[PDB]
2 protein chains.
Amino acid sequence: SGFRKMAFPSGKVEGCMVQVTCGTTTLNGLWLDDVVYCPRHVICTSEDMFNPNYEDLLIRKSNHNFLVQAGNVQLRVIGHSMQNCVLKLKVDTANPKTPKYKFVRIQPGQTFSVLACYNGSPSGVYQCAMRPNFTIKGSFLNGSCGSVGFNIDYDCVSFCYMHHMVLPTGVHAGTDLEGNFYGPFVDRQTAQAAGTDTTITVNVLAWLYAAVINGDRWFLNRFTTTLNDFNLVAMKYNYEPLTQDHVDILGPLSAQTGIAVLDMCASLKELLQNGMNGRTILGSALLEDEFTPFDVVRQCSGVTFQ
Amino acid sequence: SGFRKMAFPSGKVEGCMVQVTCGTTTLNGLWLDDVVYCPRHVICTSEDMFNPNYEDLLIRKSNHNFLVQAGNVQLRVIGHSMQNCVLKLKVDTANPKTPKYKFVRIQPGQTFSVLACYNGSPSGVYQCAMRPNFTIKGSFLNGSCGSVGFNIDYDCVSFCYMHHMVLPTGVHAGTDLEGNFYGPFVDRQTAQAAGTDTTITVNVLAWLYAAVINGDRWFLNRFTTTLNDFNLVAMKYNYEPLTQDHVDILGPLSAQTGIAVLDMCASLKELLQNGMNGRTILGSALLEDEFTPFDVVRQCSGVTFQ
Ligand SMILES: *C(=N)[C@H](C[C@@H]1CCNC1=O)NC(=O)[C@@H]1[C@@H]2[C@H](CN1C(=O)[C@@H](NC(=O)C(F)(F)F)C(C)(C)C)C2(C)C
Ligand SMILES: *C(=N)[C@H](C[C@@H]1CCNC1=O)NC(=O)[C@@H]1[C@@H]2[C@H](CN1C(=O)[C@@H](NC(=O)C(F)(F)F)C(C)(C)C)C2(C)C
């Protein structure tokens, strides 16, 4: 009963957040085993930010220059290295709260939870999607860098995002946990803009299945369509092309509801061409594209985590 | 930058969730110090549900009849009692992860985070409001009872909701942690319906301030209004009356933005009378009423928790 934007429980990630200070710059780090991962611009002064030479700035730091705090406890740094846009600080204490974890690089259209943090302390949790233009629509303030995005699978935390910056129009950009940016962005205070975004078609379809499961069925029409003819219509509305891989991922929801994917595609086609006529779907007056097929299955089936 | 529906970090509550089984009925419980709190209908069979005599059903239970599991560890029950609609099971082990906490009864219009759980294991977290008709718009499945709602203030978890049932139209009903229902509902499988709901005016105003803070300002008009004349208009649109207490609670946001509350009221008046004309505010095509003034301040100022 009901359908909500739902984040993963954040406790396993909360137990990994620390504060990292270098000079007067402070941000968040992620403490897993005996390594703290954080954005490399912790080593920048305000003026370094416009054209930083991170390798040069790091040459002039030693271990003791990094103040790492886990709650009230300072963690002694005993080694450091740079990997793309992330700093790795080896500390002399392994985090006893380290969960089973993976570093993953997610694909555009996939979702994750963000644990927004300031000064190593958690503020809140929310769900995001990696947009097709490789930005995310987050909520971040000064000092939020190093906050991470993640998914959970049973007991395993898959970390997929570390926060680095905000772009014009207010969308956000960051890296995977190997320090490689999503998209064509750099960690430098320089003129940068997101490309034009697109609507994540497979997710809109997932959310229409969630509507059917939850009893909101008014938009279901009596037609079908071919994949080619659907994509011709969707392209005009700045929807991303629907692939056979997308069709296959929708299979569980199609099987559960008894509505063929291409039938749902015909109903979406009508919504795009005619609008929703003042009506809502699952309480929204716009079509929602930040629920994946798995998000819908997980919420409508009550999948839990260890 | 950005504005999202944001839940509190759930870790402090995750460390309190357990599974409670009596006979063949299983639901979630909340383990604080040496007491487990859970919905009393854990003691009901399926047929007991329609007209249960909870006092009679509990007479025929003893401590050993309650199987309480915290992960892989069974907790021995050494005492039990009923308080309104909640069962309290004394166990022989105090929860070492008990946070500082309070039991509070919230008022209609206030928000909280829900940690949805199944079989004592967390599934996800989302933000809800206590509706003026004393229901909540949650997302719950079979076995979700005993999931709790809460707010956090620094290090203190204020528990305010325990989940018990779903009503027609799919809205949800439950109790405070003293077992007293919000609203005129009973924990019995009998014909019950929520009263007509109303829109939480002070929260819509809070969210318009959040829009201004985040740069979405198109709806700001050049007028003001009196409190009386605003409430005459709002009443027609099923908005709850705006009180002086509400005006006072909006004061921090008014001071931050330099927009007097009654000026924002004039802009809301225009939105109600004319609509949004295809435009969005903070990405939504409807006016949002499940952010409190404090929710907005907490998100736009980066308040963290210990
Ligand atoms: C990390 N704590 C912050 C997070 C920012 C701050 C406000 N909202 C956020 O998401 N990261 C930064 O301040 C980064 C950082 C230098 C400057 N910066 C920016 O986000 C700037 N953006 C850009 O320069 C642009 F447009 F290219 F993205 C700023 C103008 C300050 C918003 C570095 C190393 C990129
Ligand atoms: C607790 N695990 C469930 C949570 C429900 C289940 C599906 N979605 C939810 O939120 N609680 C119940 O099943 C409660 C419980 C008996 C029956 N019940 C209901 O929610 C029923 N609702 C009502 O009878 C009504 F309309 F009055 F609310 C049901 C028809 C099964 C949905 C008790 C003790 C009320």
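Each chain is given a letter, A onward, matching its sequence line's place in the list. The numbering of chain A matches the PDB entry: 1-306, in order. Chain B residue numbers are taken from the PDB entry; in order, the displayed residues are 1-306. Per the header: X-ray crystallography, 1.7 Å. All heavy atoms count here, side chains included; hydrogens, waters and symmetry mates do not. One-based numbering, in listed order, for ligands and for the atoms of each.
The drug or candidate drug modeled at ligand 1 is nirmatrelvir (bound form).
Here the macromolecule bound to nirmatrelvir (bound form, ligand 1) with the most contacts is known in UniProt as 3C-like proteinase nsp5. At a heavy-atom cut-off of 4.0 Å, other chains contacting nirmatrelvir (bound form, ligand 1): A, B.
For chain A and nirmatrelvir (bound form, ligand 1), the nearest UniProt active-site residue, with heavy-atom distance to 1 Å, is A/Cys145, 2 Å. Only the backbone of A/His164 comes within 4.0 Å of nirmatrelvir (bound form, ligand 1), counting heavy atoms alone; no side-chain atom from C-beta on gets that close.
Those atoms of nirmatrelvir (bound form, ligand 1) that come under 4.0 Å of a heavy atom in A/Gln192, given as number and element, are 27 (F).
Of the listed options A/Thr169, A/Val166, A/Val186, A/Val166 places a heavy atom closest to atom 29 (C) of nirmatrelvir (bound form, ligand 1). Residue contacts with nirmatrelvir (bound form, ligand 1) do not include A/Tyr118, since none of its heavy atoms lies under 4.0 Å from the ligand. The deposit credits the origin of chain A to Severe acute respiratory syndrome coronavirus 2. The model tethers nirmatrelvir (bound form, ligand 1) through a covalent bond to A/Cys145 SG.
Residue-ligand proximity, A/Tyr54 to nirmatrelvir (bound form, ligand 1), at heavy-atom distances under 4.0 Å covers atoms 34 (C). For atom 18 (N) of nirmatrelvir (bound form, ligand 1), the nearest non-hydrogen atom from the set A/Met165, A/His163, A/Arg40 belongs to A/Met165. For atom 27 (F) of nirmatrelvir (bound form, ligand 1), the nearest non-hydrogen atom from the set A/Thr26, A/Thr190, A/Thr25, A/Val171 belongs to A/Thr190. With a 4.0 Å cut-off on non-hydrogen atoms, A/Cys44 does not touch nirmatrelvir (bound form, ligand 1) at all. Proximity of A/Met49 to nirmatrelvir (bound form, ligand 1), defined as any heavy-atom pair under 4.0 Å, is confined to the side chain (atoms from C-beta onward).
Of all the atoms in nirmatrelvir (bound form, ligand 1), the ones that sit under 4.0 Å from a non-hydrogen atom of A/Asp187 are 34 (C), 35 (C). Here A/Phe50 has no heavy atoms under 4.0 Å from nirmatrelvir (bound form, ligand 1), in either its backbone or its side chain.
Looking at B/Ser1 against nirmatrelvir (bound form, ligand 1), only its side chain comes within 4.0 Å, counting heavy atoms. Residues of chain A near nirmatrelvir (bound form, ligand 1) cluster mainly in the UniProt domain Peptidase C30. Distance screen at 4.0 Å: atom 10 (O) of nirmatrelvir (bound form, ligand 1) has a protein heavy-atom neighbour inside the cut-off.
Under the 4.0 angstrom criterion for non-hydrogen atoms, A/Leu27 is not in contact with nirmatrelvir (bound form, ligand 1). Within 4.0 Å of nirmatrelvir (bound form, ligand 1), judged by non-hydrogen atoms, the site holds A/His41, A/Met49, A/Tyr54, A/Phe140, A/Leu141, A/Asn142, A/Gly143, A/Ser144, A/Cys145, A/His163, A/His164, A/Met165, A/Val166, A/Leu167, A/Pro168, A/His172, A/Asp187, A/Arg188, A/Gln189, A/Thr190, A/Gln192, B/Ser1.
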